[PDB]
Asker: 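Model shown: 16S rRNA + paromomycin.
A, B, ... follow the sequence lines: proteins, then strands. Residue 1 opens every chain. For ligands, and for the atoms within them, numbers begin at 1 and follow the listed sequence. Only a slice of the deposited entry appears, and the contacts counted are all within that slice. Values reported hereafter were calculated over all heavy atoms of this structure, with side chains retained and with hydrogens, waters and symmetry mates removed.
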Amino acid sequence: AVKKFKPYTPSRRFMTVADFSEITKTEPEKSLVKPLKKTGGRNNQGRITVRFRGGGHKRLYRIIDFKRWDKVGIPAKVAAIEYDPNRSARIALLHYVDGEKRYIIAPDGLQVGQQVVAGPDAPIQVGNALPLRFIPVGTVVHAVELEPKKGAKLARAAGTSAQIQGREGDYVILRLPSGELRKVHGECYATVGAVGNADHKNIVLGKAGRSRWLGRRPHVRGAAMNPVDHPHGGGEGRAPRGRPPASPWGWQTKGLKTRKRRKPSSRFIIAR
Amino acid sequence: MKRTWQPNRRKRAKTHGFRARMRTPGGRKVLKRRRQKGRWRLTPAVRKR
RNA sequence: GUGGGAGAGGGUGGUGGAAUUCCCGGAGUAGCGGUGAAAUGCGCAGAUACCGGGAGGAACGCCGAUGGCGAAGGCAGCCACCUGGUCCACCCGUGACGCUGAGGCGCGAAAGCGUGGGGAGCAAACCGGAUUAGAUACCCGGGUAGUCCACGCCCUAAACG
RNA sequence: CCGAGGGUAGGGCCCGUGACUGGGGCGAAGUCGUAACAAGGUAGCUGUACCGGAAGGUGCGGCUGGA
RNA sequence: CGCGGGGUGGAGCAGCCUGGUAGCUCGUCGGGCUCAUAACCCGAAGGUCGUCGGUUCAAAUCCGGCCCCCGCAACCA
RNA sequence: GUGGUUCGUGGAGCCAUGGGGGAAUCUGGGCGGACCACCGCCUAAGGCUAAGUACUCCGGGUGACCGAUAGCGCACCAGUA
RNA sequence: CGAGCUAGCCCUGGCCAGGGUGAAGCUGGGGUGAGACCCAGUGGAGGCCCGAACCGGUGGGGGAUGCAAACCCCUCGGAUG
RNA sequence: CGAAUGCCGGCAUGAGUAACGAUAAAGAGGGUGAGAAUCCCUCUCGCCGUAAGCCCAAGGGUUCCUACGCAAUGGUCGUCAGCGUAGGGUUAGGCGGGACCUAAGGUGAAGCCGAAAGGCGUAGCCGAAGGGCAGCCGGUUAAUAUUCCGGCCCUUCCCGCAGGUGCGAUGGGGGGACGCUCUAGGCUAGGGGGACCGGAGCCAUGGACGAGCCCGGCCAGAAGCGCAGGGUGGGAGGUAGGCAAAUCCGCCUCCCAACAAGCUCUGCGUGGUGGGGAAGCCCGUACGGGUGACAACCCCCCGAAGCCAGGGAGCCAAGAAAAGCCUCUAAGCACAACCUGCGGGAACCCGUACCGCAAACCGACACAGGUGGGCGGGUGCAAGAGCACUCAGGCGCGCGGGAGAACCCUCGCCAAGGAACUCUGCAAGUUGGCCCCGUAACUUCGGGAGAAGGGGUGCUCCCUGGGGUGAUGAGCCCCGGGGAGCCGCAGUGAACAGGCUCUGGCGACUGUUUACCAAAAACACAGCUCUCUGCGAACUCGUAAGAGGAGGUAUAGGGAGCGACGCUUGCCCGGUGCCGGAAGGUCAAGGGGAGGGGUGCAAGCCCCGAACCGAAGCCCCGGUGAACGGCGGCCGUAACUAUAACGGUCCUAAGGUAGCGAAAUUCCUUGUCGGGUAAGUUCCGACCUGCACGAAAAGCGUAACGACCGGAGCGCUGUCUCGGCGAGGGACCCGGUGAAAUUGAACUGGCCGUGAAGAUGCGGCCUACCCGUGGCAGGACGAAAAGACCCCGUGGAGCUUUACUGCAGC
RNA sequence: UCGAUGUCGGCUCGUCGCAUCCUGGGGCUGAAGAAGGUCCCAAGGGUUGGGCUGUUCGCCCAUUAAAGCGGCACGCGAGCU
Ligand SMILES: NC[C@@H]1O[C@H](O[C@H]2[C@@H](O)[C@H](O[C@@H]3[C@@H](O)[C@H](N)C[C@H](N)[C@H]3O[C@H]3O[C@H](CO)[C@@H](O)[C@H](O)[C@H]3N)O[C@@H]2CO)[C@H](N)[C@@H](O)[C@@H]1O
Ligand SMILES: [Mg+2]
Ligand SMILES: [Mg+2]
Ligand SMILES: [Mg+2]
Ligand SMILES: [Mg+2]
Ligand SMILES: [Mg+2]
Ligand SMILES: [Mg+2]
Ligand SMILES: [Mg+2]
Ligand SMILES: [Mg+2]
Ligand SMILES: [Mg+2]
Ligand SMILES: [Mg+2]
Ligand SMILES: [Mg+2]
Ligand SMILES: [Mg+2]
Ligand SMILES: [Mg+2]
Ligand SMILES: [Mg+2]
Ligand SMILES: [Mg+2]
Ligand SMILES: [Mg+2]
Ligand SMILES: [Mg+2]
Ligand SMILES: [Mg+2]
Ligand SMILES: [Mg+2]
Ligand SMILES: [Mg+2]
Ligand SMILES: [Mg+2]
Ligand SMILES: [Mg+2]
Ligand SMILES: [Mg+2]
Ligand SMILES: [Mg+2]
Ligand SMILES: [Mg+2]
Ligand SMILES: [Mg+2]
Ligand SMILES: [Mg+2]
Ligand SMILES: [Mg+2]
Ligand SMILES: [Mg+2]
Ligand SMILES: [Mg+2]
Ligand SMILES: [Mg+2]
Ligand SMILES: [Mg+2]
Ligand SMILES: [Mg+2]
Ligand SMILES: [Mg+2]
Ligand SMILES: [Mg+2]
Ligand SMILES: [Mg+2]
Ligand SMILES: [Mg+2]
Ligand SMILES: [Mg+2]
Ligand SMILES: [Mg+2]
Ligand SMILES: [Mg+2]
Ligand SMILES: [Mg+2]
Ligand SMILES: [Mg+2]
Ligand SMILES: [Mg+2]
Ligand SMILES: [Mg+2]
Ligand SMILES: [Mg+2]
Ligand SMILES: [Mg+2]
Ligand SMILES: [Mg+2]
Ligand SMILES: [Mg+2]
Ligand SMILES: [Mg+2]
Ligand SMILES: [Mg+2]
Ligand SMILES: [Mg+2]
Ligand SMILES: [Mg+2]
Ligand SMILES: [Mg+2]
Ligand SMILES: [Mg+2]
Ligand SMILES: [Mg+2]
Ligand SMILES: [Mg+2]
Ligand SMILES: [Mg+2]
Ligand SMILES: [Mg+2]
Ligand SMILES: [Mg+2]
Ligand SMILES: [Mg+2]
Ligand SMILES: [Mg+2]
Ligand SMILES: [Mg+2]
Ligand SMILES: [Mg+2]
Ligand SMILES: [Mg+2]
Ligand SMILES: [Mg+2]
Ligand SMILES: [Mg+2]
Ligand SMILES: [Mg+2]
Ligand SMILES: [Mg+2]
Ligand SMILES: [Mg+2]
Ligand SMILES: [Mg+2]
Ligand SMILES: [Mg+2]
Ligand SMILES: [Mg+2]
Ligand SMILES: [Mg+2]
Ligand SMILES: [Mg+2]
Ligand SMILES: [Mg+2]
Ligand SMILES: [Mg+2]
Ligand SMILES: [Mg+2]
Ligand SMILES: [Mg+2]
Ligand SMILES: [Mg+2]
Ligand SMILES: [Mg+2]
Ligand SMILES: [Mg+2]
Ligand SMILES: [Mg+2]
Ligand SMILES: [Mg+2]
Ligand SMILES: [Mg+2]
Ligand SMILES: [Mg+2]
Ligand SMILES: [Mg+2]
Ligand SMILES: [Mg+2]
Ligand SMILES: [Mg+2]
Ligand SMILES: [Mg+2]
Ligand SMILES: [Mg+2]
Ligand SMILES: [Mg+2]
Ligand SMILES: [Mg+2]
Ligand SMILES: [Mg+2]
Ligand SMILES: [Mg+2]
Ligand SMILES: [Mg+2]
Ligand SMILES: [Mg+2]
Ligand SMILES: [Mg+2]
Ligand SMILES: [Mg+2]
Ligand SMILES: [Mg+2]
Ligand SMILES: [Mg+2]
Ligand SMILES: [Mg+2]
Ligand SMILES: [Mg+2]
Ligand SMILES: [Mg+2]
Ligand SMILES: [Mg+2]
Ligand SMILES: [Mg+2]
Ligand SMILES: [Mg+2]
Ligand SMILES: [Mg+2]
Ligand SMILES: [Mg+2]
Ligand SMILES: [Mg+2]
Ligand SMILES: [Mg+2]
Ligand SMILES: [Mg+2]
Ligand SMILES: [Mg+2]
Ligand SMILES: [Mg+2]
Ligand SMILES: [Mg+2]
Ligand SMILES: [Mg+2]
Ligand SMILES: [Mg+2]
Ligand SMILES: [Mg+2]
Ligand SMILES: [Mg+2]
Ligand SMILES: [Mg+2]
Ligand SMILES: [Mg+2]
Ligand SMILES: [Mg+2]
Ligand SMILES: [Mg+2]
Ligand SMILES: [Mg+2]
Ligand SMILES: [Mg+2]
Ligand SMILES: [Mg+2]
Ligand SMILES: [Mg+2]
Ligand SMILES: [Mg+2]
Ligand SMILES: [Mg+2]
Ligand SMILES: [Mg+2]
Ligand SMILES: [Mg+2]
Ligand SMILES: [Mg+2]
Ligand SMILES: [Mg+2]
Ligand SMILES: [Mg+2]
């Protein structure tokens, strides 16, 4: 839906906030299962190695369930859907009859009170997790494992999915959010449905501060700098570059393919 | 204005203390040099309890 | 009211085959495309034509009519749901409850616009190749917006009987 | 107190005038090309969209006021 | 003032660097087609190569000096 | 592929070795400056071994060494203020 | 050897007088087939406004062997981010 | 040694000169003393009072208190001191920190890596103004006090008795546990008033013996109460999860509650008792002591930002951890152990003085600078921590006395004119708070807005409407209305408090920046687009291990550019880049050996060595511009001239579209028209001949916004005509202390000449007794910095690239 | 003169030259008069305010007896901007 504001201030006239109506009466989270201390820090042991990180709201990590094959066969009741500061998506709090409480990343269409479960069994319904094999060709799916028993790694961003395209002996072909065509092992779990919160892309930050709230420090142009700092630094009053556009570290930034050629992963990929 | 000396006992101790110098080869040599020199004070005297 | 009937009338969800284009495998060569005639273009780096597989979008051949439906615009593969209009028969109920309609309000082809998706074919602009005195056209080889979908605008027409 | 009028400030409508600009009408025999009327030598017209010295051309849907 | 590029039939341009031969498109002129003009077709004409010198057997062509033309430069103060 | 030696790729041996290949036990093996023949010299891939040699924190001796701006930074409670 | 100054980030704390303006959303009324929407009243949003603390450092003057190796005076920017 | 802007030391000059450190301010009497403006005391005066007053923390480290001192330290003096000598002073189970806990980060057994040194590292450990944890009020010292003492009250341990129970962990669960804005109810701190209570006293100078003036009317406090408020459901089954096990927790399912009824838990009142208790007067202090006193200790009102507290509501950016504590069981042990009550005993270590917005901290100084947290009274002005005055409390800033010139600083006023000043209204004025009328273009519908422009503002009396606290009233406190009237030049009478408008450029906007000459139109910014990246991601850092990215996964991450929003962003892929091409050419080691060479009597041993087989790269074939970039010349033509829709021709990869244009771009240039003016190189509008705009190094616009920059007008003025006067701090004179750069020596005039070309010093002439004080700046090519421009040196550094040569990386 | 001779303009303050702008005296005039022209003498005094531009200079506006030209380190920054 997206919340919109009137221009009672500049920067309030474009600003735009998510709709939280799917956030069920459960705004503060769940101890026990999560949260952990989350360790803010824009850099490695010592030095900054990703520029322009820092500031922005304190967070608690929700330790979510990315391998659903523990509770094969054990169903769970979806108890709530809550805000997760550390991902684009929303998260489902679910209660297993087992007693155990996990969070699943919350797919589009998930309703509270719903039944959900994981395993070879598993009715093909939104929320359920299955090894890729038993899932019908053509159904859209998410939180897909890359290699079996290694955890969900594909399609967890808000409003993303992959679609099952066909099969090939032990592998089923996937079409990933990027549009790539991937052979992913049959035995990999993946949960049916799309991610949801799909209006995430429609949000307009609206002002500088908002950027900072999310811990995004000001990014400065190479043009703004000096020859010591950047290939684009200097010279006089503005300058068009004077070389093929580059990163600060000298590599070209328009076109230069960067995936290494001899990756053994290659023989499992069929697209862009 | 604000000058450059902003005394802090803890800082002076953690920074220039006998135990800091002892911790690394760089520092151990400092004690060696100061000893051979005949320095009355190997490290700065940080006070208080 | 009761009981019936035809229909591409509307909206949503799902689905089927033919064809084109691109990709992959096989087989296969010296030309294919195209036109008034050509050239541009594509092709021994293996094109065209032929067989197998896969992908994707869009439009539904025959039935089809000089036919049907709607208030117009408009509506056509098939299926299910939701839904409007309407004709007949019986003459059962109400009982003049009617007709029209400034304004208002809704709907309103195509092109266009916003946001996002999609993109096979086609195709403004644009680039080439021929034609001409010239060609910013007509023909030909490419080609992007758009053409498709969702939501929001736009309100025009030879919106014509 | 009110009160003609005078004064200060800010608006509304109207008329005049203005470098320069936009298209319009009119003015016997200047230029360019041929769009329309015959199937007008590309059927025409059309709402719209883009392009072009110019008439105009092309895309899309429409009309018969053409076959 | 300095620099380097250029003046060739009526128009716009080739011809030079490796000196002997001035070519193209248009235009002009004569002839056709047409009722006529243009288009088109068949013929033909037209250039002291900016000027002064010499270099060579021979100069548009190579080397000097003036003459207009274009282009660049003129910075530190 | 490099280092060592006077040797800087040189006709470049010798001595060490990171990489690849990879033997033999005296009729076995290395060397005498590419290499080959001859004539010779040595016996690699385990280890230890006084003395003669270096220095001067410390003690002593001596000076065609200084004599308080000299001589050690310091003759003096100086690596101090 | 230095981040006890300065720059950024990390962890844990603190501070921001008093005034203005009045968004959404609620509630009532209106409107409609249901809506949209429109009036109020309520509400109390914002890199919103005036202005101390606080953070600055705009213009002018002074100062110039200074009170000060960047200061003083009047003036001025921000002040729930 | 005579020179090195030489080195060390010593002493001159400037010179009794500049200064003596905030313009908050002093005067007198009396002490003391060898000696007093400067020390003590008293009286008067002034300054601070969201401090210039109190309390913490850091830092400092004896500066504390006292006795005796004044050589030096003190910008003067000093009898004084933060200085010299000595002596004394810092008392804790409850305050802070440690025998408690975890944060970032550190360290780091396991493990991983690294020539060495060392680098990483889930467990643990360390690490704190954050979690935890038991003391309040008074009194005493010259100097400590939540530490001593008094009263009242608590905490752990250890050992007993007495009563309870399956007790029991570093293991399970629960809790601890958390944002920002706004907030309700009830309290407390604190404050105002009182005809009431308590007090020495006091009637002055015209009046007042009065419900007069003045001063004060509290603090702490266990249990039990009372009032507010915070936390919490109770059963019974079933159970497969909480990494062993649980009765606990979790998840089901039935009952009864749904209330805070009940349990607890805090706060606040009250409380046995304990303590404090003014002005004034009298004393001797360097200060405290006594009396007031058997002190009184009561009633209203305002009331927090603090307390109940984990309260409530809203919002998106979604808000530590661990222990203590509750609970559940495990091994064990159930004569143990643990819980409750009561007794007795035990209770360590380090800090404690003083300064603490400053003369004791950071700035070489008793330095107009910098320094975190809490209290911070009253009155008035709408409010407030603002401003004026002033409680408590603390100060008059460690040179003074005169004078009353120039000039400077800071300040006040000014006839007439009013921007004529000037690069510029620079500066200075005008305006200024609050209530009420009233407000335009334009606009993204919010705004523009405090638009503009106006009016009101004191005091007195009369009438009158709402609340709040009390009971539905009096009072006490907040907000209103109406009507008469009074005084002055003037009523936010003092202080604090916008000058306004029109029109351009740039940048959308709040932000950011060259600490110490630039705050901007530069950076940033939401947003747009291109490109890389399928996850052990790309990229970054690191030799490595490893880490960031990210406990993220294409709606995500990195890189580049543009830079809100509107309308848009043309043509060129020839060169360079990047992308795509199992063909071809070239292409290194390696393979391969036709063939040849050297030695051997030979078997042999050792050399070179052509075919051919050999990657990436380059070549070559394509693509791609929100990739690097680029986007023409010359002639002719219309029935007045003029101009050229129209044509010719050359060349290119293509030959700049729209929009804009004498511009933050225009040389010629003050282009030419128009506008503002008496007059306009600037400004605004146009034209286009664009030296040398033009589309994401974006193009053209845009409301709002700005300590930006330009042009104009109103208002107002000492900016100016053109100055004048007054004020205070200096300047001047006197007493006290007393610097500096500079300096070859000096017995240091003018002119015209001359000289290395600008002479006090040389020539000629002219002038001129010796020495100071206040002033002025023409000169000593005055001082200051071994010119920062310029060149030179086969000097140096930062930067760049299709310079050379390497290296990392790929 | 580079071990420094501050560099345009303005402002303040002057002073000097004369090849004189005005005022005084004068000759020739194609000088009727008035007013001019032009040459000689003469520096004693005077030689305005504004718009524009950093400007010097210039161009304007309104005046005037006139709206002079040059030098003094393009006079003058230990005098200012
Ligand atoms: N009245 C005509 C209107 O204007 C236009 O027409 C104008 C022009 O097109 C037209 O120009 C014509 C030209 O077309 C034609 N080929 C040649 C002719 N000499 C011109 O003529 C013009 O100029 C001449 C001389 O000055 C006059 O005498 C004459 O009146 C005038 N029409 O002159 C017209 C004005 O007079 C539109 N084409 C027409 O549709 C419109 O309705
Ligand atoms: Mg936890
Ligand atoms: Mg590192
Ligand atoms: Mg470290
Ligand atoms: Mg940026
Ligand atoms: Mg820069
Ligand atoms: Mg660089
Ligand atoms: Mg430039
Ligand atoms: Mg550059
Ligand atoms: Mg009937
Ligand atoms: Mg009708
Ligand atoms: Mg329509
Ligand atoms: Mg359409
Ligand atoms: Mg968008
Ligand atoms: Mg096509
Ligand atoms: Mg076509
Ligand atoms: Mg033709
Ligand atoms: Mg019809
Ligand atoms: Mg008009
Ligand atoms: Mg007109
Ligand atoms: Mg036609
Ligand atoms: Mg025609
Ligand atoms: Mg036609
Ligand atoms: Mg059309
Ligand atoms: Mg066309
Ligand atoms: Mg220079
Ligand atoms: Mg060597
Ligand atoms: Mg050998
Ligand atoms: Mg040998
Ligand atoms: Mg030997
Ligand atoms: Mg030995
Ligand atoms: Mg001697
Ligand atoms: Mg000595
Ligand atoms: Mg001696
Ligand atoms: Mg010495
Ligand atoms: Mg409202
Ligand atoms: Mg507000
Ligand atoms: Mg604000
Ligand atoms: Mg403010
Ligand atoms: Mg000498
Ligand atoms: Mg000396
Ligand atoms: Mg003197
Ligand atoms: Mg003096
Ligand atoms: Mg003096
Ligand atoms: Mg003083
Ligand atoms: Mg006062
Ligand atoms: Mg002492
Ligand atoms: Mg003392
Ligand atoms: Mg004494
Ligand atoms: Mg003294
Ligand atoms: Mg002093
Ligand atoms: Mg004495
Ligand atoms: Mg003392
Ligand atoms: Mg102990
Ligand atoms: Mg500890
Ligand atoms: Mg610990
Ligand atoms: Mg370590
Ligand atoms: Mg660790
Ligand atoms: Mg602690
Ligand atoms: Mg404690
Ligand atoms: Mg004390
Ligand atoms: Mg138990
Ligand atoms: Mg436990
Ligand atoms: Mg626990
Ligand atoms: Mg009396
Ligand atoms: Mg009490
Ligand atoms: Mg268990
Ligand atoms: Mg007393
Ligand atoms: Mg709460
Ligand atoms: Mg622990
Ligand atoms: Mg103490
Ligand atoms: Mg104390
Ligand atoms: Mg303080
Ligand atoms: Mg002092
Ligand atoms: Mg001070
Ligand atoms: Mg401060
Ligand atoms: Mg207060
Ligand atoms: Mg006020
Ligand atoms: Mg104040
Ligand atoms: Mg005046
Ligand atoms: Mg006056
Ligand atoms: Mg006036
Ligand atoms: Mg002026
Ligand atoms: Mg002037
Ligand atoms: Mg101005
Ligand atoms: Mg001003
Ligand atoms: Mg302006
Ligand atoms: Mg502006
Ligand atoms: Mg800005
Ligand atoms: Mg700053
Ligand atoms: Mg600066
Ligand atoms: Mg600024
Ligand atoms: Mg500044
Ligand atoms: Mg990692
Ligand atoms: Mg991570
Ligand atoms: Mg990106
Ligand atoms: Mg920009
Ligand atoms: Mg930019
Ligand atoms: Mg472009
Ligand atoms: Mg190109
Ligand atoms: Mg190409
Ligand atoms: Mg290319
Ligand atoms: Mg390639
Ligand atoms: Mg190759
Ligand atoms: Mg122009
Ligand atoms: Mg230009
Ligand atoms: Mg004019
Ligand atoms: Mg003009
Ligand atoms: Mg530009
Ligand atoms: Mg561009
Ligand atoms: Mg821009
Ligand atoms: Mg700003
Ligand atoms: Mg004055
Ligand atoms: Mg005075
Ligand atoms: Mg004196
Ligand atoms: Mg000297
Ligand atoms: Mg001379
Ligand atoms: Mg002499
Ligand atoms: Mg002389
Ligand atoms: Mg002088
Ligand atoms: Mg020099
Ligand atoms: Mg050289
Ligand atoms: Mg010089
Ligand atoms: Mg000198
Ligand atoms: Mg000098
Ligand atoms: Mg004369
Ligand atoms: Mg005369
Ligand atoms: Mg003016
Ligand atoms: Mg003069
Ligand atoms: Mg000159
Ligand atoms: Mg000049
Ligand atoms: Mg000068
Ligand atoms: Mg100066
Ligand atoms: Mg001077």
Asker: What ligand or chain labels cover paromomycin here?
Answerer: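 It corresponds to ligand 1.
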Asker: By chain letter, what other chains have any heavy atom closer than 4.0 Å to paromomycin?
Answerer: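 Other chains in heavy-atom contact: D.
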Asker: Hey, could you tell me which residues sit within 4.0 Å of paromomycin? Heavy atoms only, please.
Answerer: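 Going by non-hydrogen atoms, it's D:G25, D:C26, D:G27, D:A28, D:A29, D:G30, D:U31, D:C32.
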Asker: What source species is given for RNA chain D in the PDB entry?
Answerer: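 The entry records the organism as Thermus thermophilus.
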